[PDB]
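Looking at a structure with lamivudine triphosphate today.
Convention: sequence-line order gives letters A, B, ...; per-chain numbering from 1. What you see below is based on every heavy atom in this structure, not just the backbone, and it leaves out hydrogens, waters and symmetry mates. Header lists the method as X-ray crystallography, 2.7 Å. Numbering of ligands and ligand atoms starts at 1, following listing order.
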Amino acid sequence: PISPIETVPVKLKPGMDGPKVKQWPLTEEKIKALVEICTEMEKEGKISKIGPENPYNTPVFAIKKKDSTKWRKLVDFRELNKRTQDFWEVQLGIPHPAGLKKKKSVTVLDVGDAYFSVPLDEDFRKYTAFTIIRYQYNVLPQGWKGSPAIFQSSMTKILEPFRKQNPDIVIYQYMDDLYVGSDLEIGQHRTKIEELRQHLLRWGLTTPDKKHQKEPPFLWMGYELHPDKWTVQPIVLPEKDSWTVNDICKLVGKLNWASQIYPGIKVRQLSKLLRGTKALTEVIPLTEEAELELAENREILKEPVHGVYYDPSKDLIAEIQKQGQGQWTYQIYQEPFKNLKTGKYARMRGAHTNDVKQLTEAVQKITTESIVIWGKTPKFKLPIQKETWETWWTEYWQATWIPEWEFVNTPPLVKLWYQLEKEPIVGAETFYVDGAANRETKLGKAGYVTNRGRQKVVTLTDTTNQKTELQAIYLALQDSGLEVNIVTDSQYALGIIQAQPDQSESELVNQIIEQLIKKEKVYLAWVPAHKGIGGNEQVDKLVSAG
Amino acid sequence: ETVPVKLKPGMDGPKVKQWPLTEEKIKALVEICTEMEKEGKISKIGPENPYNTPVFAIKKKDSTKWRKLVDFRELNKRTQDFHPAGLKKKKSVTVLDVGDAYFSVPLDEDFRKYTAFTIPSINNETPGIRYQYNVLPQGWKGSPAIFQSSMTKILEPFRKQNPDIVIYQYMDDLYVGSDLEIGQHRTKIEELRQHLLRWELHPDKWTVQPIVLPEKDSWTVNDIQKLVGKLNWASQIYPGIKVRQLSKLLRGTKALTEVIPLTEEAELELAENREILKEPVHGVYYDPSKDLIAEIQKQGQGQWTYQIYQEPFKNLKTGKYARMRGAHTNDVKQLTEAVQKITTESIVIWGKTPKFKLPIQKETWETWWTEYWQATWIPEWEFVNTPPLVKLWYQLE
DNA sequence: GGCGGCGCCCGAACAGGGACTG
DNA sequence: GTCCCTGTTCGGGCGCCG
Ligand SMILES: Nc1ccn([C@@H]2CS[C@H](COP(=O)(O)OP(=O)(O)OP(=O)(O)O)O2)c(=O)n1
Ligand SMILES: [Mg+2]
Ligand SMILES: [Mg+2]
């Protein structure tokens, strides 16, 4: 029917008028279904015949539903949407099964004709006019900007009393889906479910029996809910022999979806298969590393896997593991090997970074995700030594911090691969390094001068001032002994190397990192440039042939 | 009887997304908002209101009672506005929460849409529950402005009878300052509290701590290079600083560990520079139009340094925040206490909070700062990667 | 072929900030 | 001012849900 709930007042953005788009031509296979739908809707008062009084129009169409025997009616309301006021979206996230608590009795209900059972603002119906006969909407149409929010809000208002007087009943409300959980025995649970159905009916909302799930496994939000296990519905990966950008996007999206319960999913190579592409219809050749990563993902997917439900009386434990190349997998669980869920974090931040920063980022992502799903921070189990972390937190000039954690010796352990001395080294040779580049010519020079009288200058082409400073440091490191003191005038190179990176998207920085790892003691010091400070001045004069 | 409120000339209301809340805070907010809705102070709204500002809760000190805090920073930026110099000079100042008095004055109807907020749900069991204010909200620029006439009526007899006391309102709090002994001051504060019902700050220790140069009887090439770099930075602040004589001590490609005696010509220059850092910075005038900038540097081991300025190198105030060097030190907790202390000091000195440059990744701060926030206001902030040299320049021995 | 939510990943646009030219 | 480097934001694809 039509809910007796108050309507939600809607306006057009100031100054705009309704749409006046002409009806796109359709087939007969859609006209027949749309007539069959619109006759019954106009009988039920959900759409009303409009006369020549409305000057507005919008094109309509229809598509097959999840069950391919029923048609869903849609309206291309893009123009009206652009002209409709702004809404505050009220759906803040997607409920997850791992946040469900074990319940003795579970029901899943689907509201029948959800949008078409919620009325629409009278002053706004004139803008919804369409033509097949000219109708206008009296209920929420599909394709309008405001319908999801207005329905979600109306469903909340309608449920509010039932929630108020049934606190021990849990209702997960995903937009017309209703998960209903209780610890009541099956008979009294079915009684309460009847109360909830009759209550929805008093507010105009039907729960058809055909979409009334009563026995496990329940289908919900893409998962199968068993009494104390939950799984995802099967994930069919495409086996395409020629790969397009759209195909890679579908594959990576399916892999991202799978990574919530399948551990160890990696998509870095398959995603890098996108760098600077053109369109959805460009064939991409799979690199060898991408082929191997995809084979690994496939072998992961052909393995039986399930998650469990949240127990609020036991601890949240997030254990993280290092994958290669800025990739990390994690498992959230409460009892060992019984995962609540799994995840991945593979976001590359900063041109230069190390594994301690990346781990900190992962710990932050997992923390916020855990607050969203369970409302608790978890207890962490990280492959990093407490000493490693303290050393980092000491030497690092940014505020960093990680919640309660305990070390787990599962390699690859997170390590700082080198340290910079806090004081200059006695007996270590002292290299003053510098470099310069001409902006117009793009040519440059990098070199070093030592206290023992060694001098080296090396010419570079197609370089910058910053690259030329990094090259000078690289020269010094290559030519120095195991212990060295280095004096630069480059706050840029200083800041990079002081951050103690172990990986970089700059090949030069990577080579610098390998050299730094090879050394036993390094002291890096900074002097201001062009100040006559010996022997920085000697290097400066040496590398300025341009 | 309500007051009309206009927004910025060409700006809209706040559209800030609500961040995730822990179960503890959600339960407290739901309790508080039920009670407030009953009393008519807030009411439920829907998605037709296009505005939103974030809400959370903080547990008060030595208390089980949570407090709802709305982050009205965006709203406060967008409401066009409509301070005693002697408060910083008083011996004692007490901060009194007077916020809930605002809940007696109704809020203009047309403006209510802008105060919308959204209580979230654990595991998104439900869509967010949206509310808006019907009275003056705690945390909004306009609430003390509208309530100011009523507040002055409240405080007239107390000011008349106690002319030596300085009462200053900043948004949700009164700052009551005097020079009385601690006990008599507390009794006067209790007089003022009884007056409010009828309807731990000492601005002396606030030392402008200087920039100090290392004192040594033996100087390596490294030490003199560090000193010349620091002085070349500091000359951007104190132009009278010379480096010539010290810089001459370095001629040649010497080893960093090589010892260098200080020539009398250079020791006199170092002494001159040491004295120059004692006199104040010239050409530094406070500007009420331009807003305050506060930089913070993490020095390590519970030590933090900060500068408050408006234009670069014209520092209005430098300082340090020194916490205990403990085993389980929480950098985020310390930084939060530091920004609270600096903001209190700015509200007392200049009457406005500063925009903070925070030496932290944005996500760590946004994830944990609420766990340690205790004030009713919130300063503006941005996130910067502090250069390795600024910390070296402001650190202590 | 329409809509809203969240997720991921990429590149385009842009905003500081350090260093430079005559 | 210019050039270079780097971090943030946002929109465009796709994935999942209804
Ligand atoms: N792709 C989609 C899917 C759903 N929707 C919206 C949001 S929820 C609403 C569900 O459609 P209906 O109310 O007609 O109900 P159903 O299609 O499930 O059938 P019945 O339950 O049998 O009555 O349609 C959409 O806009 N786009
Ligand atoms: Mg339905
Ligand atoms: Mg240089």
task: Indicate which ligands or chains correspond to lamivudine triphosphate.
output: ligand 1
- prompt: From the contacts in this model, which chain binds lamivudine triphosphate most extensively, according to the PDB entry?
  reply: Reverse transcriptase/ribonuclease H
- prompt: What are the letters of the other chains with a heavy atom below 4.0 Å from lamivudine triphosphate?
  reply: A, C, D
query: Around lamivudine triphosphate, which residues have heavy atoms within 4.0 Å?
result: A:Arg72, A:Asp110, A:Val111, A:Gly112, A:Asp113, A:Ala114, A:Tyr115, A:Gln142, A:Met175, A:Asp176, C:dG2, C:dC3, D:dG18
- request: Around lamivudine triphosphate, list the other ligands or ions under 4.0 Å away.
  value: ligand 2 (magnesium ion)
task: State what the entry calls DNA chain D.
output: DNA primer 20-mer
